[PDB]
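One structure below.
For this chain, numbers begin at 1 and follow the sequence in order. Remember, it's 1-based here, ligands and their atoms both numbered in the order they're listed.
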Amino acid sequence: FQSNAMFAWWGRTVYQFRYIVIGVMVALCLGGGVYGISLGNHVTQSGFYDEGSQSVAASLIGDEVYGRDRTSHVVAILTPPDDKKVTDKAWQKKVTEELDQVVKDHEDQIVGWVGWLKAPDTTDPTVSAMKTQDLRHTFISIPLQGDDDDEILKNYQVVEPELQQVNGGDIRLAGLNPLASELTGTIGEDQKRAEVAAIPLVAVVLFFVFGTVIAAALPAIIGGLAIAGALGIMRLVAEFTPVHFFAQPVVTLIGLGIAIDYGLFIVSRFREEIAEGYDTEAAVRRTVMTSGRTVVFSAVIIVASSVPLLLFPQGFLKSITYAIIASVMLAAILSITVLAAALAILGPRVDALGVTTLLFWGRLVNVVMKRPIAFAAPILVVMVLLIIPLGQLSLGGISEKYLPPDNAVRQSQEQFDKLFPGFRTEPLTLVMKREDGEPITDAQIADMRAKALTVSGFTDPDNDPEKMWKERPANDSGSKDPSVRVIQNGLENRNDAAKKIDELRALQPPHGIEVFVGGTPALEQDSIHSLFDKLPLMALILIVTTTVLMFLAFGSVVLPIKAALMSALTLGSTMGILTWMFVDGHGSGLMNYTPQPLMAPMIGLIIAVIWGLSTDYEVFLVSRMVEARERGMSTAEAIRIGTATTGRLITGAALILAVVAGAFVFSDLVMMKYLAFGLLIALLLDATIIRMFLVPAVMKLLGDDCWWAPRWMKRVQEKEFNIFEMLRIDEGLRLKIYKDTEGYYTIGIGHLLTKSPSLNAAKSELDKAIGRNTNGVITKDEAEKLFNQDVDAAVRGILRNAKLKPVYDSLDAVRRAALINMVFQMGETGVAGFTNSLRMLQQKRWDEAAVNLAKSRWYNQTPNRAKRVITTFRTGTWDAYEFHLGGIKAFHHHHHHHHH
Ligand SMILES: CCCCCCCCCCCCO[C@@H]1O[C@H](CO)[C@@H](O[C@H]2O[C@H](CO)[C@@H](O)[C@H](O)[C@H]2O)[C@H](O)[C@H]1O
Ligand SMILES: CCCCCCCCCCCCO[C@@H]1O[C@H](CO)[C@@H](O[C@H]2O[C@H](CO)[C@@H](O)[C@H](O)[C@H]2O)[C@H](O)[C@H]1O
Ligand SMILES: CCCCCCCCCCCCO[C@@H]1O[C@H](CO)[C@@H](O[C@H]2O[C@H](CO)[C@@H](O)[C@H](O)[C@H]2O)[C@H](O)[C@H]1O
Ligand SMILES: CCCCCCCCCCCCO[C@@H]1O[C@H](CO)[C@@H](O[C@H]2O[C@H](CO)[C@@H](O)[C@H](O)[C@H]2O)[C@H](O)[C@H]1O
Ligand SMILES: CCCCCCCCCCCCO[C@@H]1O[C@H](CO)[C@@H](O[C@H]2O[C@H](CO)[C@@H](O)[C@H](O)[C@H]2O)[C@H](O)[C@H]1O
Ligand SMILES: CCCCCCCCCCCCO[C@@H]1O[C@H](CO)[C@@H](O[C@H]2O[C@H](CO)[C@@H](O)[C@H](O)[C@H]2O)[C@H](O)[C@H]1O
Ligand SMILES: CC(C)=CCC/C(C)=C/CNCCN[C@H]1[C@@H]2C[C@H]3C[C@@H](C2)C[C@@H]1C3
Ligand SMILES: NC(=O)CN(CC(=O)O)CC(=O)O
Ligand SMILES: NC(=O)CN(CC(=O)O)CC(=O)O
């Protein structure tokens, strides 16, 4: 619990079942990936509104009674080839027959085609308006089949290829479905751009991190298994709840980079351990206990940064939140299962194949350390003046402007609105529902119209307020229930939406009738309102949880307050820049996008994403500084320690992430660029300004005060392993007299009492040793003290031996215990026989000594104990004893049994 206890268990478990683990998980990830390629046909485009808003309710009631509008499904501009005019009866007949053929061949997809071209001899002003007055252009409407927008789009995409060939191909398709097909079509382009531009780029970066093919390929394989598995999970999620189109690229944009970053960290750690002298099995466990632990905790931070998005009612954000959680969790799991097992099978062979086969930063901190205010105050001000273009943001819905200005589908729509003005409308609606269920009378309608005319700001083309707020059209999909009537009118200024909606909702409905104010402006504004109405609580929950987790990771009261400061800074600065780029349009001409109002759900998402990004990177950096301090370093040093060995990893992690996000800034979908850029900025801001400058400078405000909590701080007693626990394993611990392998009476930790066959003689010796009537039984304490005096005796003899005193003096405390261990087992004169091996140890040639000692007869008679001691010589840690193989069936009394 709250301890490496379980990571230690899994670290050794994953090695032991390295074949089973690596087989099952790859099977599941590949199996899921195969199952996850059908996700593309089970995704939705809906989820940008508030399902519980009055505007959505108005739409449901409206569509129920009057029928959903299908006149906007497909709009098609027809233009006669040889500067001919639409009045040409011959041209009229060929095109008409072409249109009838498409409808005849696709009646499951198409309702029919409607337009002036169907009745050129009409007196209808609107129908006659479906042709330009130069008679060079005319448009038709092509209503499609389907009971929801996803089904309708699929029906469009079915008939689109043949529909595009009408009029010799000179037919321009616009409206909802051609635009929706183009907007959702951006997904595949971004995926393919990642698969071709981002993947080899990541491969190169990885190959410049490790000098080896295998070591560089492993993180890439993990990312690929993560994407496959995550998409399979999202496909499973689709069986229960709607999954948005935008969830698929998020898996690749965010999941892939994070997964590879995880793999990079763990493989890198595994190599450290190998180089430190630990064998494969131990290296695997130590990697999981440290890096695996860091990865899992990283996943928790990101999940905790994503969950608050579920407070938002937009299905768009919910799907994405599910996608992030599924990606990050799977990434963390894979890095400590498949990857660990792979390293457990490969071992040092992760560096077997190198480049041949397919072919004082450290004082810079000090500068700012000495000069904290020389760097902090300017940056602290600069990143605030970057927040000032965050006070100038606009919010809108989805339009053709989300596509680049040179996009053919966008331009077709823009030509339609140019050639045929007035046809495209976004009116506010007054949806009236009578509660009794009885018909709504003309008196009640005239009542509502009057109260609507009270509100100003609505269009009036016919210059007569009697012809304002006309009744919504009805089709054959409508129930025509008399208890529901809908009147509607458009705004003169669309930026008056939020205000005019309230005024309409301020009116008083007549005769007990529920009035629902709807329309696309209402849907957008209600969604905008819903998101900022809940943003504070989401922000509170976000900040609190991330701070609470940092209370646990740091053990400080100030540092989490400090990091919150930093994230809120790098957030507001980043979002201020994004607003400067996408709202004000700085960079628009260069990156070929249109300056426009943002989308409110993308703000909630980018807040969570930037926050979790800032928190995760600072936790890893700071947590280590903390470890150095506990290790005994100085405030200024602990910081130096921290920054320097997180350095190469953080930059290597930020870079790979930047590559992936960099592939997505080229997306034709403008909100995708907004997201990908938000990544790059906050990433760059943390990999440099925050980490290398602000943090250390804003860590010097004080020496020893940032580390402070009451006695509600980590105990970290550390059960500092000692020589007592060491030989307790090798020689046993018995509190009652027993016979060892030679049949001699022994007690405690291998302490010979006597060679007499008499038990009472041994009890005699024990009573004189402990200083009381023991009756053959001692306490653990008495055994420990007894053991100590034996250790002192062994040391005195070692220091008395001229063959052992030099090597003993040269050794660290841990390796000294290993030498004492040998003296206990075979005696000083025995240990002094290893003249060459002792010389190697004295020269700190750990590997050579370890190799040489294994060739001994001592290793032959007692391999398990010898390997334990030898490993201790190789690494200089207690690792060989803190985790050892069970058994130890034979106990034997040691040399240097001290007597009173
Ligand atoms: C772990 C890493 C890799 C992840 C890989 C994930 C594998 C995905 C699961 C394997 C395939 C599951 O198969 C799928 O399961 C669900 C069970 O609820 C079934 O779905 C069933 O339950 C839902 C519950 O409302 C019903 O709406 C549905 O009509 C019904 O058929 C699917 O018909 C089946 O096709
Ligand atoms: C992502 C952004 C999406 C952008 C969406 C842009 C789509 C624009 C859709 C334009 C809709 C044009 O739809 C067109 O409207 C007129 C009415 O106004 C219809 O005309 C219909 O109503 C008129 C009178 O109101 C009747 O006299 C006529 O008999 C009838 O056909 C046309 O049959 C239809 O083709
Ligand atoms: C990256 C993949 C993620 C998927 C991206 C989303 C693509 C699908 C949504 C594109 C269109 C947005 O959703 C759509 O917006 C337009 C206006 O905003 C609405 O269209 C409304 O306004 C237009 C004029 O502007 C009217 O002609 C039309 O009668 C009316 O319905 C649609 O009712 C709504 O369905
Ligand atoms: C060890 C294996 C390593 C690789 C494993 C990863 C497998 C998954 C990678 C590809 C993601 C799934 O496959 C993906 O599915 C959808 C539908 O099938 C495709 O995309 C399709 O629908 C999307 C939106 O729904 C459209 O934008 C696109 O025009 C269309 O082609 C993607 O272009 C394809 O990339
Ligand atoms: C601390 C633990 C961290 C790990 C948490 C893992 C995440 C799992 C939490 C799922 C929350 C429950 O998910 C529940 O179903 C859907 C999912 O969109 C939500 O969606 C709700 O509104 C949508 C509109 O889009 C409806 O289609 C849906 O019928 C409705 O349930 C609910 O508001 C939510 O209550
Ligand atoms: C992690 C920290 C998180 C930060 C905490 C965030 C709390 C900030 C709450 C501010 C509330 C802003 O409130 C919101 O402002 C914008 C304008 O700016 C309004 O938006 C309205 O005005 C703008 C400009 O005229 C229009 O483009 C937009 O279509 C319209 O809806 C919203 O209707 C309103 O709800
Ligand atoms: C998607 C939402 C809600 C937030 C963004 C999620 C993102 C990118 C966090 C940044 N952190 C991911 C990789 N971080 C890397 C990992 C390896 C190593 C040690 C840890 C873990 C810290 C660094 C260096
Ligand atoms: N482990 C040892 O020192 C064995 N030595 C024995 C010695 O140094 O006297 C022989 C050797 O190094 O080959
Ligand atoms: N492990 C035992 O029971 C006996 N041991 C001997 C010992 O621990 O001293 C054999 C060995 O370690 O190879």
Which drug or candidate compound lies at ligand 7?
SQ109
Count heavy-atom pairs within 4.5 Å of SQ109 for each chain, then name the one with the most as UniProt does.
Trehalose monomycolate exporter MmpL3
Which of the 1,2-diacylglycero-3-phosphoethanolamine-binding residues recorded by UniProt for chain A place a non-hydrogen atom closer than 4.0 Å to SQ109?
none
Which UniProt transmembrane segments of chain A, numbered from the N terminus, hold a non-hydrogen atom less than 4.0 Å from SQ109?
4, 5, 6, 10, 11
Shared residues: UniProt SQ109-binding in chain A, heavy atom under 4.0 Å from SQ109
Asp616
Under 4.0 Å, heavy atom to atom, what does SQ109 touch in the other chains?
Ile254, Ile258, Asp261, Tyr262, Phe265, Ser298, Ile302, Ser306, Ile324, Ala608, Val609, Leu613, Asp616, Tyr617, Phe620, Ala653, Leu657
